[PDB]
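Lab note: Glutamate receptor 2, ZK200775 bound.
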Amino acid sequence: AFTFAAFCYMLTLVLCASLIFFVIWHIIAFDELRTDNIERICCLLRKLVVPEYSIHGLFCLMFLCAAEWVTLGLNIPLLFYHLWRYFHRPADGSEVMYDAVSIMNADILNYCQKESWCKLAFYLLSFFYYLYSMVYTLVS
Amino acid sequence: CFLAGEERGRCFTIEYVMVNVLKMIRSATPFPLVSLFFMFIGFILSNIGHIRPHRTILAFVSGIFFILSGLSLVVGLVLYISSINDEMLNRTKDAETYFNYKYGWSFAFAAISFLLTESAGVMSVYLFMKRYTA
Amino acid sequence: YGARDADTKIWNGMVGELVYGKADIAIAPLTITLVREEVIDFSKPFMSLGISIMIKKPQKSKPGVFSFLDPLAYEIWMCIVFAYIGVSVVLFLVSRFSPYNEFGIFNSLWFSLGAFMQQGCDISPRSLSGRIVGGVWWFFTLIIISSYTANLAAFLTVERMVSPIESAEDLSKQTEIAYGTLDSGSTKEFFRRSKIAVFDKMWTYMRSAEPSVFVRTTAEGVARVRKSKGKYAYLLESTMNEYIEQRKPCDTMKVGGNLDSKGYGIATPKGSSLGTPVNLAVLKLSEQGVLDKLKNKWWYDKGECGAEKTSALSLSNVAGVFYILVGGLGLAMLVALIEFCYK
Amino acid sequence: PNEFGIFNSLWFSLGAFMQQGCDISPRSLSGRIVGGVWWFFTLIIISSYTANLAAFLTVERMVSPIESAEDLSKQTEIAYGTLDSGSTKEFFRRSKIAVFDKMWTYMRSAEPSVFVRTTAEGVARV
Amino acid sequence: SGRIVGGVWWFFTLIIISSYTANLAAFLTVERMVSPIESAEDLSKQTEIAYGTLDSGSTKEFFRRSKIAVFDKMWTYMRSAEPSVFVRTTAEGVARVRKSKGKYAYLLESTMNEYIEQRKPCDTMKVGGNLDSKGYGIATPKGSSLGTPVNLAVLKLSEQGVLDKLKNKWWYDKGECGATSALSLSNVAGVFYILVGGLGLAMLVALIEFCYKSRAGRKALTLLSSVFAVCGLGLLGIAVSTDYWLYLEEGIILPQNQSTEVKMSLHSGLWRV
Amino acid sequence: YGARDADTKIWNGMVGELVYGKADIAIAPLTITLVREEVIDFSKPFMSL
Ligand SMILES: CC(C)CCC[C@@H](C)[C@H]1CC[C@H]2[C@@H]3CC=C4C[C@@H](O)CC[C@]4(C)[C@@H]3CC[C@@]12C
Ligand SMILES: CC(C)CCC[C@@H](C)[C@H]1CC[C@H]2[C@@H]3CC=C4C[C@@H](O)CC[C@]4(C)[C@@H]3CC[C@@]12C
Ligand SMILES: CC(C)CCC[C@@H](C)[C@H]1CC[C@H]2[C@@H]3CC=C4C[C@@H](O)CC[C@]4(C)[C@@H]3CC[C@]12C
Ligand SMILES: N#Cc1ccccc1-c1cc(-c2ccccn2)cn(-c2ccccc2)c1=O
Ligand SMILES: O=c1[nH]c2cc(C(F)(F)F)c(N3CCOCC3)cc2n(CP(=O)(O)O)c1=O
Ligand SMILES: O=c1[nH]c2cc(C(F)(F)F)c(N3CCOCC3)cc2n(CP(=O)(O)O)c1=O
Ligand SMILES: O=c1[nH]c2cc(C(F)(F)F)c(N3CCOCC3)cc2n(CP(=O)(O)O)c1=O
Ligand code: NA
């Protein structure tokens with residue numbers, strides 16, 4: 001039957017469909033960065049990343065109020081990584097504060113490309129974990 | 001103070017007498033006192049803004065105490081009225097009796113006093129915008 | 001009624017006048033027990049009864065602060081809030097990425113608040129994909145506000161008072177309502193030596209609770225029901241419980257079934273010539289409906305309690321909206337103070 | 001960082017109570033909380049006006065007037081009585097019909113006395 | 001000319017939205033007026049739920065001999081009712097309760113009623129108090145040397161709770177069953193489905209605008225306004241010239257597993273019936 | 001359970017086996033009735049209903 005927890009899983013299939021689109025667009029923009037480009041891949045990426053936190057920041061406050069402690073628990077490792085990239089390693093910028101300030105230092109390129117396939121591996125598993133516990137709470 | 005039913009002229013106070021609504025009006029007691037305090041703060045900081053106009057912020061801050069007072073009337077007058085109707089309801093319904101509560105000229109004077117210190121709140125902020133542009 | 005003394009071994013009351021020759025029959029509410037059957041002779045029971053529960057008859061049950069939320073369940077109101085942010089993020093994602101904008105996250109929380117409160121808007125989405133978010137949240141709003149009003153109009157039309165206690169299992173599962181028997185007697189003795197599952201739970205409560213849940217007189221126990229606004233349930237026999245319910249005022253109520261089974265008998269001395277024809281007389285009066293007809297007459301047809309005009313809404317019902325309003329006015333004055341300091 | 005003076009604020013809040021408001025809208029966050037909790041105020045009040053009026057008009061439509069003796073025997077909120085003597089009081093005393101035995105049971109035990117002494121007294125009590 | 005169409009559409013929606021709310025407030029009020037049966041006086045007044053006893057025994061002879069007002073009314077209804085409300089077996093009367101969807105009540109003893117309540121399927125329940133008061137006894141041959149110690153044994157077992165312990169053992173502990181007035185999510189669940197379905201549809205359109213904005217006459221509209229006008233002449237031309245407009249039935253029901261027999265089944269048109 | 005045939009004035013069932021000596025006692029759901037109390041001796045009710 002339809003319940004409040006089963007709505008919190010319906011509402012996160014729709015938003016993690018945008019979170020994978022943040023990452024498919026994140027692997028192409030660095031692939032086109034190596035072929036060519038700095039000041040445009042400064043701005044086009046820097047607009048994307050703060051929507052990626054607060055949509056996941058919604059999920060931390062949505063499954064907290066839904067009393068889904070295992071689902072809140074599996075979003076904890078992506079959450080506390082996201083606080084480190086903004087509170088302690090902010091890539092200063094003096095502006096929207098992400099991968100703009102310096103680009104071709106050639107060490108952060110290897111870190112972003114490992115991150116760009118680590119996000120897609122988490123989100124595509126999150127899409128089917130949310131789709132399972134949607135169908136779990138609807139049938140049960 | 002009683003009249004016409006066991007007509008005792010002794011005005012009993014609220015602590016040296018013991019009806020449950022007389023304890024329910026104690027819950028709505030501090031808000032007409034927070035109202036009276038903020039009107040007094042808003043008035044003494046309004047005359048200072050008349051005798052020392054070199055710092056203009058005396059008028060606008062006194063405008064806020066005029067309006068935070070009026071919000072303490074409204075919560076006070078809702079709490080006063082809602083505590084009446086709750087004890088008018090928690091009684092044994094009997095069709096051979098009747099009940100009657102009314103309000104008097106002390107309840108009205110606290111109600112009109114909301115209109116005049118929200119009017120004093122608007123006129124103090126318009127007074128601040130005349131001083132600051134000069 | 002009759003009790004053998006522990007020291008003098010002398011029966012008193014109506015049992016003592018049948019053992020000691022001062023009487024010939026006891027047509028009385030005399031409980032068929034073990035220790036009385038050994039000395040006198042009962043008939044078949046003319047009235048079957050037991051221990052029952054007397055609570056105060058429920059009332060209009062005064063509102064809280066958040067009583068205005070009650071036409072919709074609390075599971076709906078949480079689904080409304082999270083779908084409010086749920087359609088505000090999707091307004092943001094659609095109008096920023098692939099734009100036509102004016103619809104940042106602070107204007108998408110204000111379009112959706114203006115849409116739910118049915119206050120219109122100042123801006124409307126201009127893309128197709130922004131007008132499907134705005135167009136379906138309008139249809140969601142139309143069903144929820146029309147079902148807030150319609151479920152509220154059902155509540156105010158049909159008054160329907162429910163009692164919190166409908167069993168003695170339910171008295172055992174709570175500590176809000178304090179229950180107590182008389183200080184002595186058969187109801188006091190019943191819960192002491194009971195062993196079922198529940199009357200042992202109900203006895204560990206009553207023997208320890210402060211203040212004393214045991215009244216001294218039945219009239220003290222009825223007054224403690226009427227003067228405890230629904231917090232005292234008096235455990236007593238189901239014949240006084242059905243009669244005090246029919247006296248004035250109509251302040252009390254019998255709930256649940258009986259807790260045990262006992263009877264009232266017509267007693268004769270042991271060896272009397274009346275013992276057989278009175279025994280056959282009670283079973284004539286039972287099967288002809290005479291004992292039922294005499295019970296309807298003295299409990300119900302001579303009952304003082306027997307067996308509209310919708311009133312205006314008092315301020316108590318909707319007082320919590322005025323609290324949130326002024327609490328939302330003072331919360332808005334704080335944000336301007338932080339806006340003036342930050343800028 | 002106006003359009004929101006005290007006479008445009010008395011017109012925004014009047015257009016928001018009537019649920020009619022096309023005008024300027026608040027743009028500051030501190031101006032949109034006061035505009036937001038006033039919108040939630042009027043959503044509860046206007047839904048309480050309509051629902052309490054629909055509760056009045058329904059209960060005023062449920063009211064069935066007396067048109068039988070079975071309507072008097074069920075509704076024990078209108079008192080009814082006969083004259084203190086005569087054929088009408090002796091009719092219900094002797095009756096073995098179900099609805100009339102119920103009416104005599106109510107009239108014989110009712111406080112105060114429902115039985116008037118004169119016909120002009122019983123019309124007076126009505 | 002644009003403000004008349006904008007004006008009569010505004011008057012359309014004022015009647016429809018006021019008809020949605022008022023018909024929903026009529027449903028939720030009538031669904032709140034519904035009082036279930038909790039007495040015999042509720043069965044004697046409500047003559048829409050049928051009720052009956054067994055065809056023989058002490059229960060049918062109770063109402064036949066009764067001079068109490070509410071019980072004389074119940075016997076008057078049961079003695080003249082079509083079809084017969086009196087079942088022949090206790091298992092037949094429980095069967096009629098379980099297959100009449102709540103339109104049949106059965107009058108039986110209090111100890112079978114509390115027993116069938118605790119046996120699968122958990123379809124039935126006991127309502128109200130008992131109509132009369134009788135008892136079960138242990139019997140002896142009227143001249144035995146045993147009837148007096150048995151009489152003192154029943155009154156000892158009753159006061160030691162053994163008769164209450166054995167009743168909980170066989171009615172409830174060996175039973176097979178168990179033992180808000182506000183609007184629930186299950187009633188308005190489908191407006192959250194269209195909301196979630198309307199958000200996911202609109203993010204799908206946000207892709208195929210972004211792919212259409214980034215990547216980039218009379219010949220199409222001549223082609224499109226012809227095939228829709230032919231099929232407009234088609235689909236109405238078939239429809240008015242056929243006879244499949246109104247499937248209509250006028251059958252009758254039976255109270256025997258809802259046996260259905262049609263008698264006036266039909267399919268109609270504007271010119272054929 | 002027990003009933004008197006009005007023609008024969010005879011008891012069939014468990015009241016028949018107590019009046020006519022076949023049984024010594026009947027622990028059973030046997031209703032305390034007027035027409036049964038005349039011919040056999042019931043105890044106090046072990047179950048009220
Ligand atoms: C919730 C209460 C009790 C305290 C929190 C309120 C304050 C501290 C928070 C919440 C809203 C935040 C806003 C953040 C952005 C804007 C925009 C800026 O141009 C000025 C201030 C302003 C308008 C807000 C200042 C106040 C703010 C930083
Ligand atoms: C846009 C997508 C990815 C988000 C979730 C899809 C939702 C909206 C769709 C998927 C298919 C639909 C299902 C339809 C059938 C059943 C049966 C119904 O009795 C309840 C709900 C249930 C179990 C489903 C609910 C969810 C549903 C309405
Ligand atoms: C702190 C800032 C945001 C302003 C708060 C507003 C204050 C003045 C108001 C608004 C809502 C009010 C509360 C409302 C509910 C209860 C219950 C009531 O029986 C008495 C008062 C009491 C306990 C509160 C008194 C204080 C009150 C908090
Ligand atoms: N009365 C009233 C009322 C007025 C405005 C808003 C809400 C209510 C209200 C509604 C309900 C309710 C409940 C179920 C179904 C429908 N409505 C209940 N209450 C209420 C009344 C007394 C105490 C607590 C809540 C209420 O106060
Ligand atoms: O044989 C008995 N029959 C009893 C009958 C009744 C009554 F209900 F009035 F019929 C009462 N009351 C119950 C409530 O308090 C007032 C009197 C007590 C009785 N007692 C004493 P108990 O059983 O020890 O409590 C007997 O002994
Ligand atoms: O033969 C009789 N005919 C009666 C005729 C009438 C009248 F209605 F006036 F015609 C009346 N009244 C009834 C109303 O109050 C005024 C007098 C009483 C009559 N009685 C006495 P009752 O019937 O015992 O009360 C008779 O005996
Ligand atoms: O002494 C009697 N005790 C009885 C006891 C029961 C039972 F409930 F099973 F205990 C029943 N049933 C009622 C329900 O259907 C199954 C049999 C009948 C009894 N009868 C015959 P009745 O009372 O004339 O119908 C007696 O005579
Ligand atoms: Na209605």
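Just so we're on the same page: letters track the sequence lines, and every chain starts at 1. Excluded from the calculations below are hydrogen atoms, water molecules and symmetry mates; all remaining heavy atoms, backbone and side chain alike, are included. The way this entry was determined, per its header, is electron microscopy, 3.0 Å. Part of the entry, not all of it, is on display, and contacts are counted within that displayed part. Order of appearance sets the numbers: ligands from 1, and atoms from 1 within every ligand.
- All instances of ZK200775 together account for ligands 5, 6 and 7.
- By chain letter, those with a heavy atom nearer than 4.0 Å to ZK200775 (ligand 5) are C.
- Taking every heavy atom under 4.0 Å from ZK200775 (ligand 5), one finds C:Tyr1, C:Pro29, C:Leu30, C:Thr31, C:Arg36, C:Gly185, C:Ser186, C:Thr218, C:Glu237, C:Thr239, C:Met240, C:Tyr264.
- Lab note: chain C, UniProt TM segments from N terminus, heavy atom under 4.0 Å from ZK200775 (ligand 5) -> none.
- My check of the UniProt L-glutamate-binding residues in chain C for heavy atoms under 4.0 Å from ZK200775 (ligand 5) returns C:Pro29, C:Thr31, C:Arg36, C:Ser186, C:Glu237.
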